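Model: Retinoic acid receptor RXR-alpha / ligand 9-cis-retinoic acid.
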Amino acid sequence: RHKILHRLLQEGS
Amino acid sequence: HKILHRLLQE
Amino acid sequence: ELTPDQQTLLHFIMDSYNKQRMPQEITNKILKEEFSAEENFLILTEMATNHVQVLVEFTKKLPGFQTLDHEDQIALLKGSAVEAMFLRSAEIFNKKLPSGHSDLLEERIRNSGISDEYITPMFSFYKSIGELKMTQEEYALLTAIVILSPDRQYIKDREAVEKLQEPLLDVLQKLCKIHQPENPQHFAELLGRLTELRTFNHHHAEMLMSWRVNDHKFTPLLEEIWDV
Amino acid sequence: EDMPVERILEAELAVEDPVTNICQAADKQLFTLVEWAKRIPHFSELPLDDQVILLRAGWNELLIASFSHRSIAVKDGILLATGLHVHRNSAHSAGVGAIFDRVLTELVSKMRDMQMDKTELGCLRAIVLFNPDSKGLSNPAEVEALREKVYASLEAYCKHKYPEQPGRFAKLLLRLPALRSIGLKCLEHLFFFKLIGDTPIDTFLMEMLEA
Ligand SMILES: O=C(O)c1ccc2nc(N3CC[C@]4(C3)C[C@@H](OCc3c(-c5c(Cl)cccc5Cl)noc3C3CC3)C4)sc2c1
Ligand SMILES: CC1=C(/C=C/C(C)=C\C=C\C(C)=C\C(=O)O)C(C)(C)CCC1
């Protein structure tokens, strides 16, 4: 759906 | 515009 | 804890607010008239025209309003009418109305040529308002705050609008504290409804253009206050 | 505090052709915006799909608030995050003068005149982030609850720091309506630029503009 945003939210702090 | 002006001085 | 000053301000506001009436000749139609997108539109137009008159009167009596520059008066009315009408509708839809009026007015608005894209947010905002359990004083004051907003387009003396608004916010803040001491951020939450009223401005210009391209016509007063 | 103002300020400090330049800076700051939001107490504890929803709903306002505040130092324009200083004339040449003027007057000027500090900015942005009206939230009530925590922590901060300014909490919150109208107008322009096939729109920014 919204791939960059999904990845960044699941990444580090 | 006309009407609003009038209602304000009523 | 209201001060006597604040009490005087509040009394002036409530006296003006409580005059707000929709005639029975209009509201009788909710139940009596036929149900078509056409007739629903005419009913709503009649309600809107009446309510704009009611609002112009309320606005004229707000403290200091008369002392503002005449073009800035007009810019405040034009800039705030839609938001005031959404907030009034929110109040109406969370209030006890005569038998059958709430349900059938909702059906008529949902079949009046307004897209589902604007219906859904509208009834969602009415629900968020209901959950705040606002008193009459909160509705009146918040309405007055909306009307005396310094950011509306075409206001020249923003600073002087801003001064009339300030003591309304002060009274509203003490009132929220006194009335709902168990939701100590109730005042902030009312201000958050102000932000969300801004979205209804955009939605409304779109509803008006849809109505116009489906060849619905508005009364002269509405054409003026909303720029046709 | 269950919503500490120092952790909100920490988040701010941790991340601390004009239409084309603005768009480029927006795309850049979108990466850093998600890092900001992860640093706001309790946001990463929400459901992922809600986190997605909150950022898709607020990104334009969150970014407009950040560049407006940063711009307090400059005369007659905007300091982008890329370091380019966009001025009135280039904005107006580009057909976006109206929006640009509203930013300067409704945001940059008011932040400068009231001296909005970074704690206050960070709190306002966290309110914007925790928008319980956003369509599709799995639990609107807990986003409302988190907003209510920011509201309570911001109000206490203003009483402690600016005791001689009892109206200051209200004045801060009253920037939010103007930010929303400005944000809606920016989005209008952008989907209007997409509708006519206009400017170079970079990857992350394009993703925020798709349905
Ligand atoms: O039944 C009763 O007892 C009773 C009592 C009071 C009472 N007050 C009512 N109203 C005041 C605000 C209200 C309804 C008038 C507004 O007008 C409708 C309207 C709207 C509109 C709507 Cl769609 C919802 C919110 C705000 C607005 Cl701008 N946009 O265009 C129109 C007209 C077609 C042009 C919505 S309905 C009502 C009913
Ligand atoms: C206000 C600006 C509009 C929207 C900008 C948005 C949505 C975000 C910008 C982010 C920046 C510039 C971040 C930074 O540099 O920190 C557009 C492009 C429609 C027209 C020109 C004025």
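Alphabetical chain letters, starting from A, follow the order of the sequence lines given. Going by the PDB entry, the residues shown for chain A are 629-641, listed in order. Numbering of chain B is taken from the PDB entry, so the residues present carry the numbers 746-755, in order. Chain C is numbered as in the PDB entry, which gives 244-471 for the residues shown. The numbers used for chain D are those of the PDB entry, and the residues that appear cover 228-243, 263-457, in sequence. These numbers come from the heavy atoms of this one structure, side chains and all, not from hydrogens, waters or symmetry mates. For ligands, and for the atoms within them, numbers begin at 1 and follow the listed sequence.
Copies included, the model assigns 9-cis-retinoic acid to ligand 2. Heavy-atom contacts below 4.0 Å between 9-cis-retinoic acid (ligand 2) and other chains occur for D. 9-cis-retinoic acid (ligand 2) has no nitrogen or oxygen under 3.5 angstrom from a nitrogen or oxygen of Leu309(D).
Contact annotation for atom 9 (C) of 9-cis-retinoic acid (ligand 2): protein present (non-hydrogen atoms, distance under 4.0 Å). Residue contact check for 9-cis-retinoic acid (ligand 2): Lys431(D) places no non-hydrogen atom closer than 4.0 Å to it. Restricting to residues UniProt lists as binding 9-cis-retinoate in chain D, the heavy-atom distances under 4.0 Å from 9-cis-retinoic acid (ligand 2) involve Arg316(D), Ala327(D). For 9-cis-retinoic acid (ligand 2), the polar-atom distance check against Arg316(D) finds a nitrogen or oxygen pair separated by under 3.5 Å.
At the heavy-atom level, UniProt-annotated all-trans-retinoate binders of chain D within 4.0 Å of 9-cis-retinoic acid (ligand 2) are as follows: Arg316(D), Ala327(D). Most residues around 9-cis-retinoic acid (ligand 2) in chain D come from the UniProt domain NR LBD. The contact residues of 9-cis-retinoic acid (ligand 2), taking heavy atoms under 4.0 Å, are given as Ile268(D), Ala271(D), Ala272(D), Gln275(D), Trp305(D), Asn306(D), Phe313(D), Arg316(D), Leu326(D), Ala327(D), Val342(D), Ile345(D), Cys432(D), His435(D), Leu436(D).
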